[PDB]
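Sequence lines set the chain letters: A, B, ... in the order given, protein chains first and strands last, and positions in each chain run from 1. Remember, it's 1-based here, ligands and their atoms both numbered in the order they're listed. Going by what the header records, the deposited coordinates were determined by electron microscopy, 2.5 Å. What you see below is based on every heavy atom in this structure, not just the backbone, and it leaves out hydrogens, waters and symmetry mates. Displayed portion only: the contact tally does not extend beyond what is shown.
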Amino acid sequence: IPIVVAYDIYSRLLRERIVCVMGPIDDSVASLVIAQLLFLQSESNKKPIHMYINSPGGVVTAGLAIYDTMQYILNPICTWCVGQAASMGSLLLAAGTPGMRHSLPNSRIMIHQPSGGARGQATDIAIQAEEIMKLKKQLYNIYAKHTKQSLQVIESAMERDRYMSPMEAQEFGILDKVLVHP
Amino acid sequence: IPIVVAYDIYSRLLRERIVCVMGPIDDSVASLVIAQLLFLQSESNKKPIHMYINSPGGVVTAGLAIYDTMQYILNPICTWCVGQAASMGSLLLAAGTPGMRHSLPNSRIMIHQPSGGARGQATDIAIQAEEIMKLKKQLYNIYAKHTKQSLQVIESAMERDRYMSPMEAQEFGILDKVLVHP
Amino acid sequence: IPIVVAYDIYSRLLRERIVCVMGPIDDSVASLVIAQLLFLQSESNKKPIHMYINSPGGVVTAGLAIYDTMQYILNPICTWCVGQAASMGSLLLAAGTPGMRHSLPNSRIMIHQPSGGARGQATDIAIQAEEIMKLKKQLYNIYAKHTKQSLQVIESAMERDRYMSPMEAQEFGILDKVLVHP
Amino acid sequence: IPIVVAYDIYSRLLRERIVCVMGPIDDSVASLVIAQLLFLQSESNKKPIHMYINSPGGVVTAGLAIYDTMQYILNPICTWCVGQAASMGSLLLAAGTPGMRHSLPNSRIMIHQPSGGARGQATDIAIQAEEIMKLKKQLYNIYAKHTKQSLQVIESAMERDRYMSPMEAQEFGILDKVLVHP
Amino acid sequence: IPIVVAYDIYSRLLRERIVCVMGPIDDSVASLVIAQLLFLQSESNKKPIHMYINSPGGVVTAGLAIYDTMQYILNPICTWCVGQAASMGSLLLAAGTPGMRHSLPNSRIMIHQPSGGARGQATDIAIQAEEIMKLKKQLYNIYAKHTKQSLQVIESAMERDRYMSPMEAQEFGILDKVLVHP
Amino acid sequence: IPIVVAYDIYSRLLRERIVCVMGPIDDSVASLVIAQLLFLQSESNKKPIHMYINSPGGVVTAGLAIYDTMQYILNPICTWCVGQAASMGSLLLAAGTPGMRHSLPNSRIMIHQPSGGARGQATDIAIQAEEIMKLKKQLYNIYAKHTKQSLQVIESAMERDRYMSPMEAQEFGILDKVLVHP
Amino acid sequence: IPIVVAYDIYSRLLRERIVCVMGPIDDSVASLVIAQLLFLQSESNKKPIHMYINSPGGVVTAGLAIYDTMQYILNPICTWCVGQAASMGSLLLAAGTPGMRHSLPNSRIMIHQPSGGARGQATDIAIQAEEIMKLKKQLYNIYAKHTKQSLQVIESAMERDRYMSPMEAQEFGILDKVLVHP
Amino acid sequence: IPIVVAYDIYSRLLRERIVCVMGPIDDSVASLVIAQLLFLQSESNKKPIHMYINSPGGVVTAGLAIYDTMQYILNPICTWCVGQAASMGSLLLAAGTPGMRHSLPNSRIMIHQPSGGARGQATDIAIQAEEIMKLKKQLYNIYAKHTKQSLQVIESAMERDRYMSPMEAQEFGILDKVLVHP
Amino acid sequence: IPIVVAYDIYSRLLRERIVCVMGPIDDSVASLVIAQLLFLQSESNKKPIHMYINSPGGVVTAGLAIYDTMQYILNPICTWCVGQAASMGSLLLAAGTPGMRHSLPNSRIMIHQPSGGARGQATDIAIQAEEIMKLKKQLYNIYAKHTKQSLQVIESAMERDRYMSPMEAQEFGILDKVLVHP
Ligand SMILES: *[B]([O])([O])[C]([C][C]([C])[C])[N]C(=O)[C]([C]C1=[C][C]=[C][C]=[C]1)[N]C(=O)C1=[C]N=[C][C]=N1
Ligand SMILES: *[B]([O])([O])[C]([C][C]([C])[C])[N]C(=O)[C]([C]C1=[C][C]=[C][C]=[C]1)[N]C(=O)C1=[C]N=[C][C]=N1
Ligand SMILES: *[B]([O])([O])[C]([C][C]([C])[C])[N]C(=O)[C]([C]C1=[C][C]=[C][C]=[C]1)[N]C(=O)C1=[C]N=[C][C]=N1
Ligand SMILES: *[B]([O])([O])[C]([C][C]([C])[C])[N]C(=O)[C]([C]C1=[C][C]=[C][C]=[C]1)[N]C(=O)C1=[C]N=[C][C]=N1
Ligand SMILES: *[B]([O])([O])[C]([C][C]([C])[C])[N]C(=O)[C]([C]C1=[C][C]=[C][C]=[C]1)[N]C(=O)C1=[C]N=[C][C]=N1
Ligand SMILES: *[B]([O])([O])[C]([C][C]([C])[C])[N]C(=O)[C]([C]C1=[C][C]=[C][C]=[C]1)[N]C(=O)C1=[C]N=[C][C]=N1
Ligand SMILES: *[B]([O])([O])[C]([C][C]([C])[C])[N]C(=O)[C]([C]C1=[C][C]=[C][C]=[C]1)[N]C(=O)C1=[C]N=[C][C]=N1
Ligand SMILES: *[B]([O])([O])[C]([C][C]([C])[C])[N]C(=O)[C]([C]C1=[C][C]=[C][C]=[C]1)[N]C(=O)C1=[C]N=[C][C]=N1
Ligand SMILES: *[B]([O])([O])[C]([C][C]([C])[C])[N]C(=O)[C]([C]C1=[C][C]=[C][C]=[C]1)[N]C(=O)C1=[C]N=[C][C]=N1
């Protein structure tokens, strides 16, 4: 990591209210992002915060924690898609404030349904299957809230993997603008 | 394996209409047992067949195949518990013809509910959980048929592992007689 | 393997025109089954042959070779489901001559669509995807031929895993009779 | 870890009397949390301390040490559920001072009974089983103290895995308030 | 294995009503021994059978199956200690008919209590501990039956490992005669 | 391997002048096939020999040895495709005598160019590349000789993997007849 | 890494508006490069930025993110080929502003088509193959935009691996100048 | 590890004359603890030192070194049980100055006899067994000195593992006070 | 193993009352040797038996079982040292009947004391050390009985490894004759 005499490049970016969400999303990544967001709200609760996303997905609880923290703080949040947005990435991209969700021209967006596993006795397996079913329902409700589509459309579009270009995702309601130059 | 000039000990026993079910029950064991039963029925459909059981359990499909083959052939079948009859083994012991199920004085019998696993997408997990639920119902129905207990008693007694001595298993309905000498 | 003074149990069964198809289906299993079928046709081309099936599935080419050999020889063929007929196994069970397909009362039958993989350059991936798609079409045509269902019903019923009891499979057209006793 | 010219993000948060309990709970995590709590009490024994929880569980002794340290110091303690609270997490969340336990709207809470193992001679196994039973009784007593439920309800609700949404956990007595915005 | 033109050495010995129990005792060993005993009873139910023991112990269920089979058949049984008799071996040596238990002059005999393990939830651990305790009681009862000692003496002598020479074991009641020459 | 009292199934088939070429082709397979062909020619040099092929391919030298031995002996040779013929298999299938090459209705045939590797110093790499190029030329010449196609068509058709149904392969010149029944 | 009293050599180079893209291109490399580009634009949006490339290639999404960020910022960008430029390297080298793409005299440039893989059910395989085909189309469009060649020439030249010297790549349109001295 | 601008949390605690003994006890842990104790004595030989214990045990020589260093220095020492004090840990807890040994209300204390191993020739094994026996005698003497119990009680109570709550350990003589609040 | 038309070489040798004890001595070797000795005694109780030894040693219980069986049967026994007689082997060589122990001119004989190990709690270690001490005493008594040396000489000579030529071993009392030709 290069240094700027004495910062590092990511701390220098954080001085400009910029947070990076890169790679797969797990508990360490989620805790780091949440700490940065809380610190930025502590500095000022009226200035916008910019989040750059390049992720293939990750764990449901970590992404839901990030989403809930984003909805909690009072600052307006802008989301920028650079590269990839799959699973929670595409859920985070759509979670920015209306009118402030952007993508670069050569990005890919992917949506699909959650996956998991069960093990043990039959009673245990029943309990775990019920848990994952209601988790799927909750995720679909969040998607329907932020894309302004209907529940039937969301259920139809997420049975299998679905890929989109920025124009297709803008038509779907995941994005607002596709930008070429500042 | 010792030989009897030229048989082996198991073929010499099979000459006396004796089949041995020892160790874990899998597809190879099931196919061997079924082939032996078909051969013995081909030799004669009126003479009794003796089955010695010492097993800790195994796969559901193999044991159900053995049970179905046992119910299909016309010969009367005697079952003998030597050492252990746990899980699928305890299902086979109770499947002999009425009045012909025996145990040795120092044997242990164990009953419990089936186990498994699920993996994949949410739809896949739902399908697999439904399959294992109806498997459990079918097994409970077989147990209730052969022990003359009610369905509620069977469901209560198999929530956890249950261990029994030969007298307790005779009172439950899994056995008819506990023998010390010929 | 027990011996009958000097045969083995499977050769003694083959003396009664009985062939066993047990376990996963691969090239060795297919070659053994085909050799036995050719030998039995060599002995006599007018007597029936009985095939017992307990399999979870296997490779497409081996199962298609077995199916083609079954359709080639002139002998009538009876199929017996003991325990499990899943994936390729369920294709063989339905391939017996009409009026001669049987199952035991506690068996499970499963149907679903084929799976595979692709690797390499984009042109190679396109070629392999085309190959697997036409493989799926051929398998669906065989199923529609032998179950007397329509192609739309077969396509709808095989998108996901589908499990069946002997009565359900008899209603579908995979079986003719469910037998309890000889 | 990003730095603030010179702190790290977690030390900058600790300057605001904020402690993070993230990931599995073991001895290192417990010692770090306890050291931070003692330092914060040293700075001031009248100001509130905030604890953010996102954990799947861990070891009983470490969590009990954290709980005892929380009950020892004189400062009021607020607990915040972000993401997940299972095993000790759900025990720690309920251990905050009354009126100061919060959750985010999309969190999951899980409760169940403890697990372990025994090995060795029969006398050793008896001793270890007695120890784990006493551990279970002590944990149930703590839960009953802090949720205001009866012991029978606690024992009934923890035989199997139990999952809860924030409203359900608020009704159970684990939480006081579910918050959307500051 | 050397051959006697065509037998092997163990089948040649079995022609003289001699059964060898060597090495650790598991399910395969138990099934082989039981098959040989049943065959020898089939040949004649009035002639003595000789059993040579050199074993360090093994599994409880297999040894109890062997013991029950020995007590079931009508033939008198002689036991010969060559080298070692520990755990189940020392249980089998004492199980011969009175007046027919022998040892070689330089053998070692060892007695101790059983061992095991438990795993899982607290209820499971309680069930497993209860099972192993009643197993210990059953083994102690068998020892007291065949050695003519009191239960308190047996419990006192088996808390730790106890080693014995043939004269000490003869005084204890495990043996009848120590022989130097035929 | 089943036995016919005393042959094995493959020796029983060899008594009917049937040779099986199954699985991958390597030096052991080639040696066995060549030995069988020489023995069958020794028995009689005027009777036809039947070869059943189910292979995914293999090594060039072994397949070329089999091809040369097939062209050497004086007996007419029939080839039968059951299941699969890829790489050398498709080369072997086309090598039968004209009018005697058959396939089953559901078989797949595949053709492509050879593959290899080079290593070492630059001079060594040049030598090895020259060797593989002339190997390719020789294989193409054999294909052109036996299919009656032009060299340009063969080079065009084998740049990438090419798959074929029995009717397409009959049109190409690899086969003579597609048979459903004897 | 040597230090310049307190910088490191790469931070000292970054003080001169120099960014290094060395080794394989993955998500970490892409995020670091993008952060450096954003910081350099923050310092000044009118001064040129120099990018040195020595890479064998990498992942498509990371390289496309770097390319999109390069086209977004307003600064003129010079590209310098030192050593190797294969896959995305050659795509990045051609993406500099016209008249500002340079190479050293002994460098190698390579172009080819993308590669990947597919797995799962047939529907999944179809979806993934469609995705990789449209990815190839997008890459070809970018190449045709920046080299001023026609689409047919680009598709012809990328079927196999193609190697070029700096003069050949200058004639192709990937470069403007080959320099020996400043 | 969090920092306090510039200390770490453990150095900040050491500024308050607090030493932490956490985790298993080995030579590195012992050397660190002894160095801290010597430094604290060098700062002042009249002020109390506080030691917090959460350990499952460890090596005998390291713990005896810590014990001897504690008895050597002139400062009064307070011991605090948080979570766990087992094996060597329970020896250190009892080693504090009279009237200054505390525990938290939910801690567990465990006592038992030492363990080891021997290997080699018979003379070596005799020497090593003698060494471990006198080690046991020395440990028992230390326990009897600090708990004010008799040697017979100590030997009777340590044959097997013995578990204690803080009240039971206070009755035994290991502790002075159980505290809920400061 | 070569065959003599149909024996093997070892069975052909056993036809001449020759037993081979080669390689390390363990339970399988001991059981085979004992079975052969019992068979040879069954054939005739007055003819001599010849035993050829080439062994580096082994387990104490197996060798003591062989020694006890050797002293039990009534036949005279000749021992022949070919190559090596070390540890247990040297104990068997000296165990032949007086006047019938021979060696080849270039053999090596080695004597030393037994080795072992102990593990566990201190009481267990004491018990195991006592057991190995009495084992050593019993072995020394056997050596003193068969060599006609005093116990002090045996104790002095086996503290360390001791090597001997046939003449030295004859002087020590392990052998009677060193032979060059029949
Ligand atoms: B995506 O592939 O990242 C996708 C999320 C999308 C549907 C919003 N991920 C998941 O569904 C993950 C996959 C996963 C499983 C196991 C470990 C890590 C990631 N699912 C879960 O995290 C999960 C957790 N609990 C239950 C069910 N699924
Ligand atoms: B027992 O252990 O024999 C028991 C059967 C009893 C309830 C009559 N066996 C099972 O429940 C087995 C356990 C197992 C799982 C996986 C591999 C091998 C054995 N269950 C199954 O075989 C099974 C199969 N399909 C679905 C669910 N469970
Ligand atoms: B089933 O599991 O028996 C099923 C066949 C059913 C649809 C009639 N099998 C397959 O789909 C197999 C799975 C498999 C993959 C790889 C190795 C072994 C088995 N598919 C294939 O064999 C296959 C072969 N070539 C291309 C695609 N799929
Ligand atoms: B949860 O799953 O984290 C749960 C705690 C809940 C009941 C308050 N955990 C446990 O019960 C743990 C599981 C575990 C076992 C072994 C290592 C780590 C974690 N149990 C224990 O820590 C434990 C310790 N001693 C005895 C029994 N159980
Ligand atoms: B001995 O050590 O062989 C002894 C037998 C003696 C007490 C009559 N053996 C056991 O106690 C065995 C040890 C063992 C454990 C696990 C695998 C193999 C052997 N115990 C058991 O077999 C056993 C089985 N179920 C429960 C408890 N113990
Ligand atoms: B096919 O895939 O089986 C194919 C043959 C076809 C062109 C008639 N096989 C080959 O080309 C084989 C692949 C292979 C490589 C290495 C080990 C085993 C198989 N090629 C060769 O055998 C080979 C040998 N020497 C040089 C070049 N290629
Ligand atoms: B080159 O070899 O680096 C080349 C890129 C060129 C065509 C612009 N690379 C790829 O095509 C990579 C290869 C790769 C595969 C897997 C992991 C890492 C690298 N392809 C991809 O990244 C890719 C991604 N998704 C779909 C298809 N291909
Ligand atoms: B306890 O677990 O802390 C306990 C000490 C207690 C009796 C005061 N420890 C031991 O007994 C240790 C166990 C151990 C063995 C090997 C490595 C690490 C730990 N014993 C010894 O350290 C030991 C050392 N030398 C001889 C014998 N035992
Ligand atoms: B020698 O190597 O043959 C020798 C015996 C000699 C003194 C007459 N052997 C032993 O001392 C063996 C070594 C050994 C140890 C462990 C496994 C195998 C071999 N000793 C024992 O067998 C043994 C057994 N129980 C206790 C002590 N030693």
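Among all chains, the one with more heavy-atom contacts to ligand 8 than any other is, according to UniProt, ATP-dependent Clp protease proteolytic subunit, mitochondrial. The molecule at ligand 8 is the drug bortezomib (bound form). Contact chains for bortezomib (bound form, ligand 8) (heavy atom under 4.0 Å, other chains only): H. Applying a cut-off of 4.0 Å to heavy atoms, one finds the binding site of bortezomib (bound form, ligand 8) to be H/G57, H/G58, H/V59, H/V60, H/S87, H/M88, H/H112, H/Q113, H/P114, H/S115, H/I132. Taking every heavy atom of H/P114 and a limit of under 4.0 angstrom, the matching atoms of bortezomib (bound form, ligand 8) come to 7 (C), 11 (O). Scanning all protein heavy atoms for the shortest distance to atom 19 (C) of bortezomib (bound form, ligand 8) gives H/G58 O, 3.8 Å. Polar contact check, H/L91 against bortezomib (bound form, ligand 8): no nitrogen or oxygen pair lies under 3.5 Å apart. Which parts of bortezomib (bound form, ligand 8) touch H/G57 is read off a 4.0 Å heavy-atom cut-off, strictly below it: atoms 3 (O).
Each of the following atoms of bortezomib (bound form, ligand 8) lies closer than 4.0 Å to a heavy atom of H/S87: 1 (B), 2 (O), 3 (O), 4 (C), 5 (C), 6 (C), 9 (N). The protein non-hydrogen atom at the shortest distance from atom 15 (C) of bortezomib (bound form, ligand 8) is H/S115 O, 4.2 Å. According to the entry, the covalent attachment of bortezomib (bound form, ligand 8) involves H/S87 OG.
Of the protein's non-hydrogen atoms, the one nearest atom 17 (C) of bortezomib (bound form, ligand 8) is H/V59 CG2, 4.6 Å. In terms of protein heavy atoms, atom 21 (C) of bortezomib (bound form, ligand 8) is closest to H/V60 CG2, 3.5 Å. Protein heavy atom closest to atom 26 (C) of bortezomib (bound form, ligand 8), with residue, atom name and distance, is H/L135 CD2, 4.4 Å.
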